[PDB]
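Caption: caffeine together with Methylxanthine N1-demethylase NdmA, bound form.
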Amino acid sequence: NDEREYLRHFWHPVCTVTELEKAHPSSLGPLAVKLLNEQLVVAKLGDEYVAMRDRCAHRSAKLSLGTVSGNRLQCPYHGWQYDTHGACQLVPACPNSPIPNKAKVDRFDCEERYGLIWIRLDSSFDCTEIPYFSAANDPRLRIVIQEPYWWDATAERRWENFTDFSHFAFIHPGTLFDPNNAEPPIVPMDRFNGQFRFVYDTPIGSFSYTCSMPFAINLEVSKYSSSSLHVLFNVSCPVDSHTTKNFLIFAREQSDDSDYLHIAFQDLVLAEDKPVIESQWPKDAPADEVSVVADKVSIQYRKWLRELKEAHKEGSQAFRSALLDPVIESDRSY
Amino acid sequence: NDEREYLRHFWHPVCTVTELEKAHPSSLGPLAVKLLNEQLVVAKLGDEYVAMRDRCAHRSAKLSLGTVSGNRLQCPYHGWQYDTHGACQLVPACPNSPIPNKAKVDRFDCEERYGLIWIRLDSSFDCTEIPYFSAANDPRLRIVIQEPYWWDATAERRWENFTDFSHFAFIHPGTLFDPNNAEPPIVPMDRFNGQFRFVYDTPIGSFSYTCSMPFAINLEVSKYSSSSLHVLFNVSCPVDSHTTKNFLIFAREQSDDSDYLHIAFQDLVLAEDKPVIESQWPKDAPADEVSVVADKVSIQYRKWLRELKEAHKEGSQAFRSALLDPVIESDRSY
Amino acid sequence: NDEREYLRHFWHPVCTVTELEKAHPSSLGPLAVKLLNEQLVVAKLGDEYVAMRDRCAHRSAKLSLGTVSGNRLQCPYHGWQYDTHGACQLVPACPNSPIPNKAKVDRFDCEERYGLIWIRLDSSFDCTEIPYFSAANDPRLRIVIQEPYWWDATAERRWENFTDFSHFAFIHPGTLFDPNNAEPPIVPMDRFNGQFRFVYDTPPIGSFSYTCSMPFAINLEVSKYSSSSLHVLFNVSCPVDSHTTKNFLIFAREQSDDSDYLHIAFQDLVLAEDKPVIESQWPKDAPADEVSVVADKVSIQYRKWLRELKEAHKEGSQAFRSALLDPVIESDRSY
Amino acid sequence: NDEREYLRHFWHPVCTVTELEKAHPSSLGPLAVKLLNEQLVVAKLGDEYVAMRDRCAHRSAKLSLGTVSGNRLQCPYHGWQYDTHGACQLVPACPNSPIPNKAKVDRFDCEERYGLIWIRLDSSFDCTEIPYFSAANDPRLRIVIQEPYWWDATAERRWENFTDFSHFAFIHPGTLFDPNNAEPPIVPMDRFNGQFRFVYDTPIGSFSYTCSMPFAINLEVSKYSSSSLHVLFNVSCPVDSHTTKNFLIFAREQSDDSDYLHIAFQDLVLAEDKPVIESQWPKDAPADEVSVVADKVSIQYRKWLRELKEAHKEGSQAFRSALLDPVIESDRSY
Amino acid sequence: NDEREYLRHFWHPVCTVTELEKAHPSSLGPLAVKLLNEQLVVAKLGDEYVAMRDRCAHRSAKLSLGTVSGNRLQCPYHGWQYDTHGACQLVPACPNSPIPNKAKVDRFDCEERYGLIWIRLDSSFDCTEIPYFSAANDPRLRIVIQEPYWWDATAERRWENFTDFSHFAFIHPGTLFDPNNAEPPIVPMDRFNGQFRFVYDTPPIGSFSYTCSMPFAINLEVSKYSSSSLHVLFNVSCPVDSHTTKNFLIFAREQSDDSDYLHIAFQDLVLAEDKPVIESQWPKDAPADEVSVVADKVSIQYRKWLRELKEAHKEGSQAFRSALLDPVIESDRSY
Amino acid sequence: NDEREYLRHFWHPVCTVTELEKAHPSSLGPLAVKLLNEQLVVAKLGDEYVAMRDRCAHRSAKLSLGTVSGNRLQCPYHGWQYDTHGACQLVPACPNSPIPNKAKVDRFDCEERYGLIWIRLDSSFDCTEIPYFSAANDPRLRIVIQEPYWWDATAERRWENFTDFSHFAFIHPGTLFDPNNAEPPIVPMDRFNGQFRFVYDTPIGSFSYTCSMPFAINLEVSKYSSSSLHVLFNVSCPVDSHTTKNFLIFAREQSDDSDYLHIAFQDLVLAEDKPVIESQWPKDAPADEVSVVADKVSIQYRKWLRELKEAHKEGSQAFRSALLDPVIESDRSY
Ligand SMILES: Cn1c(=O)c2c(ncn2C)n(C)c1=O
Ligand code: FES
Ligand code: FES
Ligand code: FES
Ligand code: FES
Ligand code: FES
Ligand code: FES
Ligand SMILES: [Fe+3]
Ligand SMILES: [Fe+3]
Ligand SMILES: [Fe+3]
Ligand SMILES: [Fe+3]
């Protein structure tokens, strides 16, 4: 409870734009979402995506059962109308009386990017950004947004699953395992602008990771001397202490083939991981877990996370340094 | 539960007579019911309706899985027989041994009225009565008891919903909303014999409310110089901290039409209310809720409940004064 | 709560051998089980039945989703292999590096007996044994292991239901109730070798002899003289958590030319009659306000003994062993 | 269907008044019903209960999905309005054009009696009446209408089951079987005004049957020198070749007890019969069935049905004689 | 019955391209479909969409449970491989023996157009084409293919529902009904190139222009002048069997900066309003006793033309082609 | 319909003995079964297994809802009692009157063998036997009876699936396919005593088939010079024209391992075959199916079946010759 609080300073995806537009016949929302156990409502007021606590100030009805009416969100119960800043500007029963000062609900940072809606619950440290998706605005690439998949596992466990290759022989023997390259060498890892960066070579191929902390992964797969660029972007929304809503976007240079060739393969990979990751208990990794040399990526990830957690208690400047100070191990220049 | 102890002193409805008769083929019960989170069992023993704790004194089996045999409720496990006062009168395994003095279960006030079964858990203040239903013993009126309806909402929030008119335009636009009277004014409210009394007029008819504290509403709808008296009697059973079992009885002078004309309209109104009331959270009204002048009825209701809660803690005489002292705002003379 | 602590010192059944062999196509397990709210995994590793915590030391995946390979249990995630002592012997990703010292999981005493798998979670007092079943190794008897049955009731309440007959007229009027024998009298009860022993004679030429291995096992021998028709029932509850039991019934009979299903149907009917009443008892553990009568002697004596065991366990190994194994005889019988 | 044409001349119950009122929020219907495999729609238009074919004349939509508006049944597709005689009186698309003469649907006799809706599909023989229920207009008796019960069995097999006593020891050992009277003797049976009449005595009471052909049974149970008259009225609606919708009405002098005491006992009796009657196959009694002397009631029933079937084919006068000619076996004088 | 026979001569849609690619992880199919009670399989074999009878010639297994291998459809049972003409080219069990002459399955004309797969079961008259969709290859329009919807109603009854407006006040009172325009008058109807053409003007400055490719396809263009807000709806029913249609809706719009889901929700609501009424019509095919009024001209003309086609088909190829393609003009318009 | 009639002359399994004993608490049945679209009832009367048409002669109730009472099967409706020959010997309602000659139901050959109940519907040709299971009464072998498995496929199609190896590469690539012996040679097949016999060698191993016509297969798998005998016995009950209830028995010499090792493997094999065989249509193999040289077994099977079918029309002696005349292709001596 105390230990998840620093996660409120990051931007997290809560839904696709498609899900918001399908939520209500108007295509404007409202849509109820949950983030870090907070009940929120998302709507499009004018040209602005807005996110508020899903709870009217008057008698606590859920705004997510209400209606968007121009530049206002209208509560279903007695019709109070809230503006983009969460302040009531119309009490229909008392339309000439002054509106109480307390007639306001909490409003949160809310922004569309890459076809997802992102929410940042706490902006007080002013140093976090929506994660990096390298394929955005690259006209060589066809971009496809998959439907979200829900797992009974935490965002940390899902991240460590995504960036590990030790498990291919046992979970993915027919899909991702390469029998002639069964053990990946330890690779150098760099911290730069709040991202982990690391690259694996075959050099016939290349797996280039840019991971915006804490839960987003951008993987570029290129074949050298060939035009086979494939990008996977995966980000987990920490819905509550046990549950993730996960988003996978993929982009590809060679787009003459079917989208569903890649979707079916990706779904097979996910279905192989899913029961094993859901079995991990307790849901958060305890201090007694035993690491080996091949676990470099997750060891370093856990190391960074607890630095961020300690820096959050020390305040805005400690946190900004912990997040954004470079730490270079490789030969690359940034 | 500390905060709802004072509710144990009121009469609460727990089932209809029909539900009790239908529970078991005997037609005498037993029927399990829950009131203020207490598990009770109701039965008809001889000519009397009885309510007991649903827990055998011997080995704690549910008496509600037992059998009514004349004027005994027989436990299903070892067949101990309990009389109308909750005292065991037969131990079948030791039929000539004396029955231990501890072989009794708590027995509560239990009375039929208007075709409902009513239970008062604590009679020690001796100053509460079954709520007032004005159509009873009026031979001009046909009386119908609807089937009970369960809501995931508290009795307080249900009462506030029933007595509010600000919500009609938004929840009931095509059923109850009157655009010829879109904002009923604030009215005088009287306290008299433990009831709230208040009337709303046309601007030719009237809505006359007699509300027996804490959870019953008697509403007489008249149209002037017509034989068109309609009466709605609604009462919420506070089952536990998040649930109500609700009862609606209605009476009408004009009785040549179908009962189901009124039931289907009343059910449609209830269905419009239900999702919004059940969305309200937290279940009990917290202090941060924001009232406006049009909430007079709700504000005064919350105030009286607070007074009853405080007076209960001060004892029998304080509670009795808080409940039955008259407080008149209108020009009426009772 | 902490009042269950002393129960970890006994052997409890967790599954049938059949359940273990059906769990996984290899017929070696693994199988997940739960005992006193502990999540365990059972597998057949070589010629041994082994019980471990169902949690890999590396990244906490469930070993019960993995595979037996040779004499080892292999985790489904990164393939660490654990031996019969719970120690990791292979890290596939680092096959030449040294295996970390803490690469191990807790292991528990585990044994097959009578076609059930038994686990003891705490062996430090070392004074308890697997319950007694009188029919094993008796070639006159056909033995049948029933499918386990799950009840939303504690093991103590289940034991008291099995040993009571006050309830026959009301729960079993058409199955077990005998109208010409409605009141079995109170009988002497012996403590011996950590068992309750007590015998009901028929005055109708028979006998019901109970040997109840504390805390949750019951061996009932029925003799219908003067006939060669011995019938043995063996019932034991696994305390799965604070609310739930997984129950095992094994029955044996001398006259075994009739159908097994004649007996299984009858027993299943008896169990179905008991089930809703026992599951309705609340709260789940019997509080101090229950009102006993003279006919409840067996139940009263059972609760007194569990209370002694629970108090002796707080005073340590030697006190517990005396409470469990000291004899207390009140019948006229030899031992 | 060739063999059941003669049944169209009788009055058959299709629903209770309650079912009709509950079908749609209007309380006026429409309700879809099926009789002798004909799809019909029932509605209350003005003061009249009407039955029509459930098939609009225009484009064959189901009128049962439409709306009752006063004294019109409105088709849901293009809104044609049908009056109480089945004639279209408004074509909304051509409101001043004349309505084609073919714009009518077949309309059938439809009458309320005893709280049931009754339909006679063919009135051309003008010699059949709604079955006799002896307790109607007896002010000493409380009358209760049970909910209808559907069986996968024909109306003939249901009737034979209700009037047989040979089965009590085997289907009803603990409910109806009397070991003090284990084999009721064969009795005289009378034909009178289209009814079978027969009485069984004690060896102090009597079972007096008045059976209006073909599917109704009126059973008066008396105990001598007591005010204990019980009446059961049972009638099967022949829905199609393998299904009945059955109606049970019961009346009683002693009315201080619960209606549900009797309903639950009557429902238990029905539940004992149901699986055996539904197992009978083929659904219609073939010629190879083997009767014994104790089947007198069933044998004479089958004979009268055969005569009615033959007489129908010979025409109105033959059918009327076959139905209403008296055939007396008893010493009674009607 | 045999009254459906003439329908085999037209092109009918059977699935979306999306449905075909999702069917099997290879994204090449195969996918089982049903058209006029024929069980077919569709697969992408090389650069061609191919339709065959979904029944192997060897032992009658369903090819739709098999696999595309190269440019061939391989049966799941014994692995016979069929080419784009339905001829077996490999018998894995007898790889050197000659392949039996009758080792082949029926194949059918199959083409992609507008993102749907179309099949013609009988090509012997060779005079029908794939229906016309006015929005294809118009770069001013955003085109959206909806998910197919299944109704328990025939394709003829579905077509008459789509082209009627008599029903708006009663089925669509809050969606399509216009209170200031409740009675669209009767309009002239043209037959041209096997299409019905007819146009409704607004006296409210608009236009509804129908091009209906017989028998079951409807292209509706809506112009809301004087604005650049052209909207095109294209609806076509697949007659799956005597009782059932699988329906495809494609819509196109010029103003495409709003959400696709604004339009999809509205259209889905319209369809949900129609569905129970249309499915309630009985019997499934309209009998001779239905009573028409003057407002039903479109429906009356539609049924007359289908009757001609059905009669011309019994007289052969040349008669059918004239019935389908002869012009019959009653408007004042150019063609 | 006409074409399945010759199948009534063979013995077919309808249930396990276990299923019969579990059907009713008595362990004696009755159990309803279906064979070649006939509704039958099976019960144990004394020491005899009996099979009758599931239809009482009196009023056609199902005897399978009745009760075994010593040496009688008692109908649930009016309690008629049938003896082991299907003749009613007690009419409870008329216990002294002569029982009608027609009071009899059809009785069929019924016999236990190998833990299954077999029924022969037509014994008129007197030349068929219960199929051969080679492991019965071999004390070296542990015998296990699996639970029956139901397929939506005919008995002929299931038989041809069981005796074919062409399909291993495609249906069983991981279970039964042997990559170094991918094409089995054509083998000689012998007809002897109504069995097909044929043997496949590896000679390190051996698959020896004895197939009692028409639906039973006995497969002995032995490794030469080793004691690895494994027997599979599979027989299909032709329940109706589209459905089989299939029985698998297996026996093994090495029985120190778990029964469920073999059961799990066998279930995996069956689950691989099942969707492909259920897809075959039409359900019976038409004349247009195209065979290749590798289909010898099924070609010869289809050849024998149509010989039996033609011989059935020519009568008892033609059929006996067609079934039991030897036709030897191999070197073996019988
Ligand atoms: C040939 N064969 C087998 O060899 C086999 C089997 N099931 C298990 N085995 C081992 N089946 C169904 C089978 O047809
Ligand atoms: S609760 Fe939102 S306006 Fe009243
Ligand atoms: S628990 Fe009620 S009598 Fe024993
Ligand atoms: S979690 Fe078990 S090997 Fe990694
Ligand atoms: S179908 Fe009834 S009005 Fe058209
Ligand atoms: S059925 Fe297709 S290859 Fe045999
Ligand atoms: S139907 Fe079987 S005894 Fe009457
Ligand atoms: Fe993975
Ligand atoms: Fe309301
Ligand atoms: Fe009966
Ligand atoms: Fe196979």
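Proteins get letters first, then strands, A, B, ... in listed order; numbering begins at 1 in each. All heavy atoms count here, side chains included; hydrogens, waters and symmetry mates do not. Order of appearance sets the numbers: ligands from 1, and atoms from 1 within every ligand.
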Quick one: which ligands or chains are caffeine? ligand 1
Which other chains are in heavy-atom contact (under 4.0 Å) with caffeine (ligand 1)? F
With atom 2 (N) of caffeine (ligand 1) as the reference point, say which of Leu176(F), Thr175(F), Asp267(F) has the nearest heavy atom. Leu176(F)
Part of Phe165(F) within contact of caffeine (ligand 1) (heavy atoms, under 4.0 Å): neither
Is the shortest distance from a heavy atom of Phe250(F) to caffeine (ligand 1) less than 4.0 Å? no
Counting only heavy atoms, tell me which of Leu232(F), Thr163(F), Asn246(F) gets closest to atom 5 (C) of caffeine (ligand 1). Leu232(F)
If you draw a 4.0 Å sphere around every atom of caffeine (ligand 1), which residues of other chains have a heavy atom inside it? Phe162(F), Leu232(F), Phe265(F), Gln266(F), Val269(F), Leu270(F)
